[PDB]
Asks: 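Lab note: structure loaded, ligand of interest is 1-deoxygalactonojirimycin.
The chains are labelled alphabetically, A first, in the order the sequence lines are listed. Just so it is clear, chain A uses the PDB entry numbers, and the residues here are 10-727, in order. Following the PDB entry, chain B residues are numbered 10-727, in order. For chain C, we keep the numbers from the PDB entry: what you see runs 585-727, in order. Note that chain D carries the PDB entry numbering, so the residues on display, from first to last, are 147-292. Lab note: partial entry displayed, contacts enumerated inside displayed portion only. When a ligand or atom number is given, it counts from 1 through the structure's own listing order.
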Amino acid sequence: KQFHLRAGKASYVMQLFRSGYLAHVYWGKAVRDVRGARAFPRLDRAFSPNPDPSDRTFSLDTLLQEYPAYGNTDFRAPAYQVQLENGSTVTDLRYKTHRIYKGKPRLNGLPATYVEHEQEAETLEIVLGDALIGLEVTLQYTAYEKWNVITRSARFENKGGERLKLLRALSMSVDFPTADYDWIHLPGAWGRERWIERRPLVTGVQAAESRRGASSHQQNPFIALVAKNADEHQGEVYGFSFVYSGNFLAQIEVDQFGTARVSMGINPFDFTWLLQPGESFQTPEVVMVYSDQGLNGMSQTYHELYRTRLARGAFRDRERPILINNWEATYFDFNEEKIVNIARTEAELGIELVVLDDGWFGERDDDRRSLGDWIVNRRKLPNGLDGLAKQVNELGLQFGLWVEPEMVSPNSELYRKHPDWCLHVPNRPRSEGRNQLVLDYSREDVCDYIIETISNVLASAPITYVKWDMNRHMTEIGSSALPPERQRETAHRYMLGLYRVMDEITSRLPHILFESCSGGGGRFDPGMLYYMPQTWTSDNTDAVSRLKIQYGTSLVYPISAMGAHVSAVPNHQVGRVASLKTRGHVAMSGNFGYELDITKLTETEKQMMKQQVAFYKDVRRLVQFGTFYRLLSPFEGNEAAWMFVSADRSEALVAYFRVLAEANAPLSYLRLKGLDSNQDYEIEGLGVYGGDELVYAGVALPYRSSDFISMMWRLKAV
Amino acid sequence: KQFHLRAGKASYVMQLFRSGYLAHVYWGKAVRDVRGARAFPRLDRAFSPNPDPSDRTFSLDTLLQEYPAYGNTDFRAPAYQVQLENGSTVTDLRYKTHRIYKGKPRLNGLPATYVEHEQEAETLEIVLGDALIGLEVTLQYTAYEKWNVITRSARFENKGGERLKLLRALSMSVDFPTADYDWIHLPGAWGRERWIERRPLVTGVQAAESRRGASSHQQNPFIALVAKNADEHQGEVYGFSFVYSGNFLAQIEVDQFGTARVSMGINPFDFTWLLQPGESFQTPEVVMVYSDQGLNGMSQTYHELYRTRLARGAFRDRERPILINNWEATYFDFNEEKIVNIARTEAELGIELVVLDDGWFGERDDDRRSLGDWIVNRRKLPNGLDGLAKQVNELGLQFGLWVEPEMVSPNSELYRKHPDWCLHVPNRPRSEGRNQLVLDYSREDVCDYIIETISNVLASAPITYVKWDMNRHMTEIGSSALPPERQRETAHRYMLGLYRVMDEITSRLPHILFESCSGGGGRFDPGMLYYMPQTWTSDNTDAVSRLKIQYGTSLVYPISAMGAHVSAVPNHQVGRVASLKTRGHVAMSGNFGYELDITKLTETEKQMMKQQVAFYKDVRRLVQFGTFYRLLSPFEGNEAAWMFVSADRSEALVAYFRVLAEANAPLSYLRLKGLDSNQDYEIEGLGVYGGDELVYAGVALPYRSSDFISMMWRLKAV
Amino acid sequence: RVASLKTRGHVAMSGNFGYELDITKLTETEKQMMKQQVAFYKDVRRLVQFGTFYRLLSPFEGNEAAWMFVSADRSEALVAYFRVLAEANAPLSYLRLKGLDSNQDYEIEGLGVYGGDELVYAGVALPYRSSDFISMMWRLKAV
Amino acid sequence: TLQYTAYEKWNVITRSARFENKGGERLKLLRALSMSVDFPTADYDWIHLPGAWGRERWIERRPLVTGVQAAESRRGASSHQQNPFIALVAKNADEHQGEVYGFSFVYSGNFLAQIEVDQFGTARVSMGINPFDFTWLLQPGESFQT
Ligand SMILES: OC[C@H]1NC[C@H](O)[C@@H](O)[C@H]1O
Ligand SMILES: OC[C@H]1NC[C@H](O)[C@@H](O)[C@H]1O
């Protein structure tokens, strides 16, 4: 009774142990069979109790599982936990049946990686069951054909006569036989999202999580087990990516016997879910990627998968527009005149899209009011949104709009009319973040209002771009429309409502490129990527700061989704003075755009913009859709370097960065990756080099002084 | 507005911040005043919401707290969490009043460190309260005068008119300003408890815990923050020790701003506690220790505190008897004839105590029955317990007895008469560990039965020693005598019952030396130490294996409570063959005893035991009550070394161990600690050396081959 | 140090094998094993002395030591494993092999048939064993 | 005459030097190593085989220092103390992957296996007869083969 999933060049093996227990066997490089799946020492482990008292060698505490529970002889953290009406939390899932079908199913009300054809993947559903309480849990396994991708999710269903309160419902849980690994997660904060942190495993519990009702800047919903000697180019890597934009738990547990339990899903903390007889619960999926070619190998798998089989819309395989954003340029202080006046210059520079940011609606001359009142400010925009987009479109420029539909200002017409439409709890002070409150997306009336309001605003003007922002984390989580026994479902219901809101709006407006945002990369997760094919990576627009941020973001998320804008100096977040050349090279290593006041730019800088915009247009397809290789990590020293390679390896773009200048420095060298060794490459403005030479020998770098420098070379085969 | 606790040579500083928020300030080497407690930058941290909408510089997500909560502008792991009847988990504790009184209070139904005089310590009780729900929480702080010890615990009380469910109630929580620390905890298993694990802190969550209803072999209730360069002899160390013997959580959380939140208490997982209007809840205490003298400085503080102000009874300050246990010798196969037969030789060897282990009651020929039926098996002991004890005393030996009152075998008269007295949940298979079930000590009838039955047994014979054992971990945790809304209180109510049971039994029998046990050091925690002054360290009685175990154990617990027996070879746990000299030297480094078959020994071996016993008696006071220094760690190399120093530093005992011998080895050297540098010492059997010479230069060790060697020297001042 | 004759044999078979001890002081049991040791090494002498050598576990990095000898055509293999200090209640041990044809299944003498790709990518569970200074040696033959 | 030999089936480069005095005066070789090579970078670890009698050739992995590191023998024999072999390995190189550069001396007497890292991050690896306590005299017409 053995299940075998073949995903790309990888294998995921499961087994039915004894009387209907689902046991984990193997995950790694693909094998034909695991003959020694049951050929392991059956040991009597002291203080590991037995479901069958007669056999001391069997214990759920010492069994590698796929969906473990606590209570019946397992003392490790469970994948799920259900509390009965009698108060007990003991459950017992046994194998009932299974089914295998080509393709990949949709998740109910949740984002998920998909397929366009049946042959692209195969799905294994393992139906477990607890007969005493009628609890049915279906484990959804999907294996992609071309990629090393295994996705996992669980669907609960109450087929009993009693009420079941889910205390914990993680998306997956896998027990590794050994624990001699490091682990990489992506901690951070606002202005510095997703720093790569590598740590050795401890004997106990390690976890990255979010209690902020969002994926957050503090911890990105992604963890990975790496081999001790694994680097960017080689070694075994196991990735764990959560397709969900709310609260999450990403945990690794090492027990007494050197096994490592990796579990991931909706954070159990402050979370419950009542299941009446007949009701069901669907968990979001976790994308699990294996690679024996280091972090680059893993990331590239994620890059292709998320860009072609997660992101949607007409702009999925489309080159993204080079836009100009007015946020850092003017903030709230702007008008229709100043925007139209500068639009002439922008079109001459090669800019393709003008994006009107926060401050167009209500009385938004600051960030303390007007949220929820999505009506055009006539004092600032006399001709309205349609009039502005009109004057912009005739100059060959596209128009874009900024919205934060999940938020409501206390000082707004919406909050005066609907004070109960926000997240709150009875008789408690309503705490504010950036002087605003969170709308109750758990409610059907609130969601329907937003869906109708926003859809009309975006259709009231020839708009082809929308920036969806959110600048607050949930506090006083609760809903008036929910009974006391369902109050802890509020956070997830909010995220479900949000997913419902975005799905309907984006459907009504297919001609609109949506870009998710949240004080920068506060929601840079696979969930948001499903609804909006790109994200504002970080509010930190500093060239040097972006080195770490974009490097870490690229570990999981594709470049096509990684928004990067050239800003002004001294930087508004750090005060650093870097050359326009290096700012461009950094931003051209992502989804390229601008965000600065052109009126304050010198004629030399204005000229460099024209050159930059023209340059990125020649490499836009290469940067956004090509294979991405990281070379030098800014987390490991004074340098940063990466490169983009085409599918046929005929073209390539290389970027190099050095932050702090060294007097009388040693000669610098750079070794490349992903090029065809059996072919020569011309490095534009540097000469012809061998493909084998650039990878095995490397290339001498120009000697340069000055802080914060950058180099870009276009590589073409001969 | 600043609370200042002065514990020994250390300071613990707190302050009231704004509208009655209790904030942490400083903990480390003693200072007169922290004048810069408020002189820190007030920043607007993005996505960190504000209790005061006008002031973005204030947030509970950025405040160093003493007992933080989740829900109102704090996104880090809370010290507690309460669910109201309306379903909300938002609470808001503010300052009310505080009291300061000499001495130290007892904790209701809980073990705690104590004082014999008011002058020995002061106690600060800060009263916090949530006006809306009528919740009063009293934070209990106690600072000792001579030791660097701050103890913390909390007391809840529902003064409102509604029910309150404590989802989480940790004993303490503290926010360090920085997070540049390593952390040490004590993971392990049966036969290898408390291995010292040093790990760097991760940005996120690291934790050591227990979900087994016992402090467990797997994770000892102790974590510590140490400086990056702190070792055994120098550097800042922050110890956290849980005075509790059940489920626990010991967590460290590093946030986005590099602050470290250390929290410890009853494990929130699978735990709730309902508080009816008028009801209360007292948490166990956490003993917090600071030292700048490294790990030795921390341990020695714990040693004096736990030995003299936690352990109780008439044997607290008394030298512990050199006993002999028969468990490894005969196991279950013994009789009255065999015991008094060998007891003649045991008396002549100098042994002071004969301990009768498992197998004396009911029909214990196996570990499959009789647990619960605590009557003497007349088949094995025809003259009963009274008869066997008298034949022992007449040979000049004390008599001891083994019990496991917390358990019940399905095959027993107790279970057939009371099958609902065990821990169980409705309609679920009753899992067995070592073919036994756990008794429901949450019930008054069960406890009352045990208190009466055990007291009568131990009074039916001249017994002066008791080995209290437990060989299973709780599964299917539930009580038939509890309402469904209190089922998750079972695990803690069990521990309360056990404490009550142990407290009354040891009170009826003040003349009996009680030693706790749990398949070894399964519950070697401060909680158990309060009721029983010593503990069986590990079932692993291998001299080399005991090096790591006893080394790790001494980090927190005093040598006086660290049981160590000399066993036979090849060892029963690892099959290792070490010399009797070595096994003696390892065991004499703790509470010395024997546990092997004497009849199977040779003539030259019995003469060594006679010398070992005599030698230990001469240094028993020094070993059990002297100052302990770790010199060489078996976790860091092939060697292990430590020493005992008298209070006036005039007498010392040095132990050295070398596991694997290397051919043509470099010369070995050993530097000592805690000696008077201004005084010479005579190493017995080596010569006269200077105190400064032994500490600063060291002593050249004699070269010798073979594996598993040991050296022991007595040091006397001239 | 006192180590068993079996492990002493297994270590010496991992090189140019020979003997250097007083045979007259050996017990009957020890001389029997010695005869089997000589016969066994003769079967794998060409493999050990002229085959491809792979190191698996380093005794400079941990409590273990492991290596294997692979023939030129990768149809034969001799795997040796060593564990020095025994730990009580030890975690399960595993050993991943190297230098085998992943497309072929291999027969481990005594145990059974394992996949070449399995032996390299997944590894094989080792028997739990007590006592210090233990050794295990398996002959591998392509199916 | 610098002698270089490259094998076909193996990644083996062998090196040796041959001195010859074709002048009128006599020359004194104070040092005559078999080879020397300057690596452009020096971000490597190095492995040598130190030991003693009864424990020869233990593996020792160490990071490179900016300066001089060397294994050598002054015992008139290759010795148990230091085996005539050193290697430059990549920082992430192990038993199964990574770039390694082995240097093996085909000589049984005194040796010097030295790695020097200069002010500009270059690594000079040289190996040959130990210069210490060693000289060689070349009269006009005489030769010395390393
Ligand atoms: O308030 C507007 C501001 N919010 C945060 C976003 O990330 C910025 O780009 C900008 O849109
Ligand atoms: O079964 C008895 C056994 N239980 C476990 C203890 O640790 C042993 O010493 C012995 O008392």
Asks: For 1-deoxygalactonojirimycin (ligand 2), which chain wins on contact count (greatest number of heavy-atom pairs under 4.5 Å), named per the PDB entry?
Replies: Alpha-galactosidase AgaA
Asks: Counting heavy atoms under 4.0 Å, which other chains neighbour 1-deoxygalactonojirimycin (ligand 2)?
Replies: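 Other chains under 4.0 Å (heavy atoms): B.
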Asks: Under 4.0 Å, heavy atom to atom, what does 1-deoxygalactonojirimycin (ligand 2) touch in the other chains?
Replies: B:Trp336, B:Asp366, B:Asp367, B:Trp411, B:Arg443, B:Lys476, B:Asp478, B:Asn480, B:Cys526, B:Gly528, B:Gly529, B:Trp545, B:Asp548
Asks: Short list, please: which atoms of 1-deoxygalactonojirimycin (ligand 2) are under 4.0 Å from a heavy atom of B:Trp545?
Replies: 7 (O), 9 (O)
Asks: In the protein, which heavy atom is nearest to atom 4 (N) of 1-deoxygalactonojirimycin (ligand 2), and how far is it?
Replies: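 For atom 4 (N) of 1-deoxygalactonojirimycin (ligand 2), the nearest protein heavy atom comes out as B:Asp478 OD2, 2.7 Å.
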Asks: Identify the protein heavy atom lying closest to atom 9 (O) of 1-deoxygalactonojirimycin (ligand 2), giving its residue, its atom name and the separation to 0.1 Å.
Replies: B:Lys476 NZ, 2.7 Å
Asks: Hey, could you check which of the UniProt active-site residues of chain B sits nearest 1-deoxygalactonojirimycin (ligand 2)? Heavy-atom distance to 1 Å would be great.
Replies: B:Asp548, 2 Å
Asks: Enumerate the substrate-binding residues UniProt records for chain B that place a heavy atom under 4.0 Å from 1-deoxygalactonojirimycin (ligand 2).
Replies: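 Among the UniProt binders, by heavy-atom distance, it comes to B:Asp366, B:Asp367, B:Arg443, B:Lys476, B:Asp478, B:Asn480, B:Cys526, B:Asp548.
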Asks: Atom 1 (O) of 1-deoxygalactonojirimycin (ligand 2): which protein heavy atom is closest, and how many Å away?
Replies: B:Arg443 NH2, 2.8 Å
Asks: Counting both backbone and side chain atoms, is some N or O of B:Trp411 under 3.5 Å from an N or O of 1-deoxygalactonojirimycin (ligand 2)?
Replies: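 For 1-deoxygalactonojirimycin (ligand 2), there is an N or O atom that lies under 3.5 Å from one belonging to B:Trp411.
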Asks: Of the protein's non-hydrogen atoms, which lies at the shortest distance from atom 7 (O) of 1-deoxygalactonojirimycin (ligand 2), and what is that distance?
Replies: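 Ranking protein heavy atoms by distance from atom 7 (O) of 1-deoxygalactonojirimycin (ligand 2), first comes B:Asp548 OD1, 2.3 Å.
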Asks: Do any other ligands or ions come closer than 4.0 Å to 1-deoxygalactonojirimycin (ligand 2)?
Replies: none
Asks: What do you reckon, does B:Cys526 have a nitrogen or oxygen under 3.5 Å from a nitrogen or oxygen of 1-deoxygalactonojirimycin (ligand 2)?
Replies: no
Asks: Give the residue, atom name and distance (to 0.1 Å) of the protein heavy atom nearest atom 10 (C) of 1-deoxygalactonojirimycin (ligand 2).
Replies: B:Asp366 OD2, 3.3 Å
